[PDB]
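Consider the following structure, which contains rolipram.
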Amino acid sequence: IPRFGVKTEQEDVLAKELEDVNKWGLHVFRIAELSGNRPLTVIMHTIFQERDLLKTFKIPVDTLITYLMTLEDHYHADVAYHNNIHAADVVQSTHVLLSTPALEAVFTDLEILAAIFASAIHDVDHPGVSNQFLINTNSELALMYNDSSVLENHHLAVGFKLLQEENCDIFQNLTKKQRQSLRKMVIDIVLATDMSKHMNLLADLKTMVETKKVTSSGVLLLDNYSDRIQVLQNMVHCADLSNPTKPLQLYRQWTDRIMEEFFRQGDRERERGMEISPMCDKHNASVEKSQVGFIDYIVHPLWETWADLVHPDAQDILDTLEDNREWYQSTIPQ
Amino acid sequence: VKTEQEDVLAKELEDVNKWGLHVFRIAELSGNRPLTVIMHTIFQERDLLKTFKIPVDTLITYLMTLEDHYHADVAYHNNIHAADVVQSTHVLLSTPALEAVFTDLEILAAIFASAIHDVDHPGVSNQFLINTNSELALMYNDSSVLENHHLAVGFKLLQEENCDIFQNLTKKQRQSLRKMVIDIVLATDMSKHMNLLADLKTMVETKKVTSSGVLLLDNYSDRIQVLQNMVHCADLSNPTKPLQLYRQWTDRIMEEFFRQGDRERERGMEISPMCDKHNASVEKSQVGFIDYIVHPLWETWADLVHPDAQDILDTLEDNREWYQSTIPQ
Amino acid sequence: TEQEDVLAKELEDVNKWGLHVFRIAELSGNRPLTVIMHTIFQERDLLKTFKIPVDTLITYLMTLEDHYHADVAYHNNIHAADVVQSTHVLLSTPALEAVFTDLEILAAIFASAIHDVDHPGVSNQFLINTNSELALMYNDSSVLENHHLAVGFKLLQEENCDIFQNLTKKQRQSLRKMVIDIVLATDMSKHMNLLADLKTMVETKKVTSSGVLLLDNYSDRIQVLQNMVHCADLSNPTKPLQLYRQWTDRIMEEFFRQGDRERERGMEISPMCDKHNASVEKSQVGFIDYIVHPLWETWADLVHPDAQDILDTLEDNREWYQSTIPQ
Amino acid sequence: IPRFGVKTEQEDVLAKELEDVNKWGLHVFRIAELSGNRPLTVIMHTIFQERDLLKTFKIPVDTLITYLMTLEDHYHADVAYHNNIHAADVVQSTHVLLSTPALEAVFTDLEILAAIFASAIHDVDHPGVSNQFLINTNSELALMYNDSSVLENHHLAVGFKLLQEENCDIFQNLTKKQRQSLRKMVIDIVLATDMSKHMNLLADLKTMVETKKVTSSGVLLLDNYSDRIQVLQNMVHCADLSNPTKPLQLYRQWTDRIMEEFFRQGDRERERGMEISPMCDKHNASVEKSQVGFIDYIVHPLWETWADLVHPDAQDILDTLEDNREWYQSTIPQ
Ligand SMILES: COc1ccc([C@@H]2CNC(=O)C2)cc1OC1CCCC1
Ligand SMILES: COc1ccc([C@@H]2CNC(=O)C2)cc1OC1CCCC1
Ligand SMILES: COc1ccc([C@@H]2CNC(=O)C2)cc1OC1CCCC1
Ligand SMILES: COc1ccc([C@@H]2CNC(=O)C2)cc1OC1CCCC1
Ligand SMILES: [Zn+2]
Ligand SMILES: [Zn+2]
Ligand SMILES: [Zn+2]
Ligand SMILES: [Zn+2]
Ligand SMILES: [Zn+2]
Ligand SMILES: [Zn+2]
Ligand SMILES: [Zn+2]
Ligand SMILES: [Zn+2]
């Protein structure tokens, strides 16, 4: 995109926007336009360089860029929510959560690499429909994964498979030991994004906040793998369910996108004479009531528990959530 | 009772048997279901549901399912191109020179084959899939990767819930249908164009017609060959359509080609031919496409059903001039 | 006929815990899974009940059996045949008499028949360490088990093979879910947590007035079915010594081959797979003590006292092997 | 790290057997027993060392052995004919044919590697039944490959797929251009092994013989890829059909195996109520007539043409073929 070794006017504007990668509330949609619809590539690249992950894991730059573009190319541009913009956002969000004071120096570079790589592939090749819809139509995807976390298993499978395309193996220089460890952590994290796992994921997290233990600096202390992976699973899970905690201006865009996607599934289900899934009926919808419900039963209980784990780090995020809830509350038409 | 969108749609569907159907218009009016609507319309028109005892619901379900597997984000190789090739083949099947030459099964094969010939097309060429070591290319050994895939997906989609539209055909019919469909779709791979055309010419030079001018086809070989070229012509019929339609196709294919070029540029790959938006020649390209591929093909087909395709050759030669006089200097 | 007079005679034990499966494999021409599944389907009148054409059932069974590897010493068609017949008997246990619908009975038996289809003779960890296509497809999670399910269902799609063609949509979805639930439960890594939940059920155990076990909701009925097939899969040590020793030789042969493969490859040799540092005897006793017995003891406490003659046979076979531990 | 790729205390007896690696009639069955059923791994290792392919293409020793073991592991031990022994034999036979005087210095190292690799993977994961059988039972395999060269397309896919297992990428150090060339040549060679392409192949070979050209040296002239790949295809095709041209003792063993595999398909076809395939009915078998017919209508016509192409290099191969043909003839019950 440059000319004579100097940034283009667009690149410069993009570079200036990217300066907020370490802040909750990055203008992720602005970055998607500026990057020519390459939010996931540019943001992952910026984060890998910010964290010096290329040197640490000897990842050639071109291989990194080639894989990222290939990964992004596999997110469907025609899907309203579960696309490359959602992935870029979950990546950036995870990146911010990883740098929380309460977790400073808690994770190794490899665990950090896993949290981020997992965030980047967690919804790749999402068809824009739920597991249940895939299950009810006897799709081969459902047949292949025995109707269990179909999409999630698929996202993982594809994320790894793309490492094999020409000059795409960003892990070519890791030892078998590192790769097996990285791989197990990424799998554990992504499978934990299947909402059907939510309740139990939160139950275990609350419990961890009970036996919780720290140091004289308030920094968390995680004994073994079981505790460290649990924090990472919930971290990415929070990032995936962070739309409601973002400045309303961003949140509203996420709401329109998820509803647009749900409504498309409802239309397809109606055409096919299937029962219209919950919240996927544009003729009997309550965008405001549903967002309030989403917040009261899932998002608030999750972030509240997280804010507790890293208290008081996630206070502003928690305040924003509660504020956005009241805003949606006051919007319900009587 | 009316419902406007319905009157305007059903009205447009009235041209289903005519070369020049306003397919883009039908796509809009049907809420983006041109393949479902047109296939179904055509299936009724030819009385196909009754002949092969295809339950309506199963057909509609399979059609929407198939249509759902064409990519909405692909400018050219999407559900609209599929619908067009289907309808274009439906017209070519009714040409006088072939009157009553094909059985109902063979008619079903040419149409189903047209419906799935490009399903799940990613918007990029075989060579791009090969050069990047895509899972698809490795699976098909770099040979007609996409075409093999289209077949595989088209058939596979029959196994989804209430999607087996051939559930009442016999093992004999299913076997015969499968083989014909496979032969037809694999023939759409452009790398096989030159040979297909040559082999077609040799057939015209043995054109064993009747007293009415109706072609004669004995063995499966002659038969399948006409079906392969028929579908091949349908697939390559954009230029022979009313200028207003042809122009939309041209804009669509270029959008897709340029998108591939941008992809290839991003990856540092050599930009494929006619895929560089910075070094384009839309007008010059189209003219060349017509002279070296489309016209040579259509002149041969019209030479097999003479004079059934005169208006087709005329519209072609006309658009050929329109784009030509559009060449800057 | 000179053969079936012997076979059919041997097949008269289908309902007894100790059938001579090996001899049956001989007499049937290495078709124990096809034969035994056939008998059991007639015995329970499953063909007429679900309107399964005879030709279709047999074609599928043969197709299914053909996908069990003849070169694998343990995880072959004989293990499959045996787990089927064993699940068959466990379903007739008094404490469960008339507790399961025919669909459920179908699911349990079908799940048993396909539970190990296309087993390569090596463990999930081996497929994982080698970056095999199977492990990459299933994200190193219950790799073999997911595969067994996929192939089992997939083979229904072959010529004249859909034995569930005449089931209603509801029956198909129900069966499908249950078969998956069962087979995924046979992954030994799920053992500990599957037994813990079985015991928690043994405590709050409740029966009907007729005595027969009272199975409330789906969660309770599937969990009982999961553990049942799991018991059938780990039944070898509870059978008569003669049979049991044949299984030990077979499992050890398969394990040693895997060990030899890991050695040629400079891979760490898996536990009990090193033929140069073997302990066939101590291992069977340890297998019986820390896994098999605890499982069959919790099952005894569930269908008490139905699983009595079996549990004693287990405790005896242990003594025998222990008396063979060198030192 | 052992001497012949695998460990064996019979190493001395194995070494003596492997001395004939460059000779037609190597005791392949004997080598299989001595290598612990690793004839493919041992023979490929020996050939790569002799041709110096590891050095030329920077193939790490351990990567090659791991791949060969993996590849050999995917030939089925329960299949009597299409197993690792047949693959080892075809590899070795192709190796001898590549060394024929009439072809000296004609092929590049890359083309030699392609011919040998293609021979090694040409029948991998063979089920022991024909393409026709897989097509008539609606096998998943036939569906994936639209009933066209089902087995052959699969042999190629598996052979290439296995390069992705841990430490199995023997082509990791080849440039992109080399990898594409090799891949195209291997695909072209293996697909030509489908017997349904036999007549076109032969007819084409005869044509080339008709206008055959030799250089200033006594070697064949091949300009374009088209003439080059054609010779390689016929060469491997000849190796695949070389059983009848080997010392009778070896030939008869091959005959028993193929018949055993054919009858197996025969029994399976009758169990399922299928029409038994030709030469698969153990109840109506004429093993001797069949071998004679096989030699008269397929093998001899092919080797006769190959002999002319490399005249007089394969004169003894042809002489043995005729001696063996008479042996089977005098074995025909009357
Ligand atoms: C901010 O919007 C949302 C953002 C993200 C999600 C996740 C994506 N898919 C899910 O099931 C949860 C749901 C949302 O809203 C849903 C809750 C109520 C209606 C839709
Ligand atoms: C309407 O034009 C076109 C319409 C359709 C096609 C087919 C789609 N892919 C192919 O390879 C042929 C090409 C066209 O023109 C191309 C040739 C020159 C420029 C683009
Ligand atoms: C009859 O023996 C056995 C029978 C069955 C099994 C199951 C099959 N695969 C498993 O992982 C468990 C293990 C046996 O013995 C093993 C335990 C110690 C050595 C081998
Ligand atoms: C050693 O003989 C044979 C050796 C090799 C083959 C090839 C392997 N598979 C084929 O289809 C051909 C066939 C043989 O003989 C067959 C032809 C007549 C009877 C069997
Ligand atoms: Zn998701
Ligand atoms: Zn997500
Ligand atoms: Zn196409
Ligand atoms: Zn097309
Ligand atoms: Zn198992
Ligand atoms: Zn088992
Ligand atoms: Zn072959
Ligand atoms: Zn072969």
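Lettering: A, B, C, ... assigned in the same order as the sequence lines. Residue numbering for chain A follows the PDB entry, covering 79-412 in order. In chain B, numbers come from the PDB entry; the residues present are 84-412, in order. Here chain C follows the PDB entry, giving residues 86-412 in order. Using the numbering of the PDB entry, the residues shown for chain D are 79-412, in order. Atom set for the values below is all heavy atoms of this structure, side chains included, hydrogens, waters and symmetry mates excluded. Counting starts at 1 for both ligands and their atoms, following the listed order.
One finds rolipram in this structure at ligands 1, 2, 3 and 4. The chain with the most heavy-atom contacts to rolipram (ligand 1) in this structure is named in UniProt as 3',5'-cyclic-AMP phosphodiesterase 4D.
By chain letter, the other chains having a heavy atom closer than 4.0 Å to rolipram (ligand 1) are A. Defined by non-hydrogen atoms within 4.0 Å, the binding site of rolipram (ligand 1) is A:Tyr159, A:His160, A:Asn321, A:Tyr329, A:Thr333, A:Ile336, A:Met337, A:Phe340, A:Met357, A:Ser368, A:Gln369, A:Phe372. Residue A:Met357 has at least one heavy-atom neighbour below 4.0 Å for each of these atoms of rolipram (ligand 1): 18 (C), 19 (C).
Regarding atom 6 (C) of rolipram (ligand 1), its nearest protein heavy-atom neighbour is A:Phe372 CZ, 3.9 Å.
From rolipram (ligand 1), the nearest residue that UniProt flags as active site in chain A, along with the heavy-atom distance to 1 Å, is A:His160, 4 Å. Scanning the protein for heavy atoms near atom 4 (C) of rolipram (ligand 1), the closest one is A:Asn321 OD1, 3.2 Å. Filtering the residues that UniProt lists as binding 3',5'-cyclic AMP in chain A by heavy-atom distance under 4.0 Å from rolipram (ligand 1) yields A:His160, A:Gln369, A:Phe372. As for UniProt Mg(2+)-binding residues in chain A, a heavy atom under 4.0 Å from rolipram (ligand 1) is present in none of them. Every atom of rolipram (ligand 1) is numbered from 1 in the order shown, and the set under 4.0 Å from a heavy atom of A:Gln369 is 1 (C), 2 (O), 15 (O). Counting protein heavy atoms only, atom 5 (C) of rolipram (ligand 1) is closest to A:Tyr159 OH, 3.2 Å. Grouped by UniProt domain, residues of chain A touching rolipram (ligand 1) are mostly found in PDEase.
Atoms of rolipram (ligand 1) lying under 4.0 Å from any heavy atom of A:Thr333, numbered from 1 in the order shown and given with element: 1 (C). The protein heavy atom nearest to atom 7 (C) of rolipram (ligand 1) is A:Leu319 CD2, 4.3 Å. Protein heavy atom at the shortest distance from atom 3 (C) of rolipram (ligand 1) is A:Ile336 CG2, 3.6 Å.
If you check which protein heavy atom lies closest to atom 11 (O) of rolipram (ligand 1), you get A:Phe340 CZ, 4.1 Å. Atoms of rolipram (ligand 1) found under 4.0 Å from any heavy atom of A:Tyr329 (numbered from 1 in listed order, with element): 1 (C).
Entry annotation: the source organism of chain A is Homo sapiens.
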